[PDB]
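Snapshot of pacritinib at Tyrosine-protein kinase JAK2.
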Amino acid sequence: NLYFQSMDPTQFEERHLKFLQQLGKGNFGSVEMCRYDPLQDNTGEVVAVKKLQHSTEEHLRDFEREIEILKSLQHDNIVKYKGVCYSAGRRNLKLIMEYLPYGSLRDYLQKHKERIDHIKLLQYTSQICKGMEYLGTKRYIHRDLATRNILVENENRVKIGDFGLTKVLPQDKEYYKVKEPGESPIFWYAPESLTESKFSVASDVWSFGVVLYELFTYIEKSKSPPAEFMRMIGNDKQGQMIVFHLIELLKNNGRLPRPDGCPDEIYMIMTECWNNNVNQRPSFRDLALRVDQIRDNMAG
Ligand SMILES: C1=C/COCc2cc(ccc2OCCN2CCCC2)Nc2nccc(n2)-c2cccc(c2)COC/1
């Protein structure tokens with residue numbers, strides 16, 4: 001009550017945060033490119049700024065928790081927290097991050113196939129696994145691992161980018177049971193997430209298997225996880241019927257296909273991630289090591 005939580009409201013002052021570009025709007029809210037130019041000389045660092053789309057009390061509270069999560073993370077493969085801007089005369093909240101120029105990995109794979117080969121895909125895979133190892137040391141569950149939430153700094157570096165659904169494990173449990181679900185990315189969910197709302201490191205590993213599938217489909221039209229699962233369940237189905245059939249499909253070993261051109265050994269990693277037995281899924285540490293050994297065993 002007495003001494004309010006530490007925060008630096010002078011680090012990013014709204015009057016010096018200059019708009020450069022709207023980058024995207026979505027479930028995550030809205031993200032812009034800005035320049036922070038305190039010496040009003042048309043210079044300063046370029047930053048990414050996350051804002052809410054609908055500024056309800058619940059969303060602001062969720063946003064505060066998301067900011068605290070990101071601030072607590074420092075890793076080469078996690079987007080870098082810089083600070084907060086308390087704009088509207090310190091009656092609003094905006095998240096300030098480093099700016100990563102190539103956007104989401106989902107878009108990058110579609111827009112920049114000219115500079116992507118299997119070596120790069122394996123490098124991105126490795127980096128995502130290492131980011132996720134680090135999250136696990138904090139007992140954070142990402143819950144939304146998907147190429148749309150991974151950001152691209154350059155041809156050699158990706159970072160896990162959005163933490164809007166991330167949960168902190170209870171002290172005594174290895175899973176978080178989400179008891180207020182919003183919009184759910186069901187085609188990335190593990191079966192126990194679909195059927196019991198249970199999220200864990202192992203359910204992030206399931207989602208990572210889907211990420212790995214995404215990478216090797218090169219975000220080809222008709223090959224996205226939603227498109228493939230809908231083709232398998234029946235494109236005609238609507239509403240809850242989709243979820244019912246997805247669960248039944250996954251519970252009896254229905255899986256996304258091997259992407260065209262995907263090596264069998266990479267598909268084997270996917271299918272090991274997609275184990276209905278939670279305890280039998282590999283760890284992110286297992287996965288980083290295996291992928292880097294595959295990379296390292298190539299000639300050169
Ligand atoms: C990305 C979603 C769409 O790409 C936006 C996008 C994003 C970036 C660069 C280009 C770009 O779209 C360049 C192409 N845009 C498409 C429409 C106009 C520009 N860079 C960036 N850098 C740091 C943090 C975030 N985004 C960030 C942090 C939290 C949440 C998000 C981003 C939103 O989810 C991840």
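Nothing fancy with the numbering, it's 1 onward along the sequence. Ligands are counted one by one from 1 in listed order, and the atoms in each one are counted from 1 as well. These values consider heavy atoms only, across backbone and side chains, with no hydrogens, waters or symmetry-generated copies.
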Quiz item: Which other-chain residues or nucleotides lie under 4.0 Å from pacritinib, by heavy-atom distance only?
Solution: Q22, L23, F28, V31, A48, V79, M97, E98, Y99, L100, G103, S104, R148, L151, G161, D162
Quiz item: For pacritinib, which atoms have a heavy atom of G161 less than 4.0 angstrom away?
Solution: 28 (C), 29 (C)
Quiz item: Which organism of origin does this entry record for chain A?
Solution: Homo sapiens
Quiz item: Any idea which atoms of pacritinib are less than 4.0 Å away from a heavy-atom of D162?
Solution: 29 (C), 30 (C)
Exercise. Under 4.0 Å from a heavy atom of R148: give me the atoms of pacritinib that qualify, with their elements.
Key: 35 (C)
Quiz item: For pacritinib, which atoms sit closer than 4.0 Å to a heavy atom of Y99?
Solution: 8 (C), 9 (C), 10 (C), 20 (N), 22 (N)
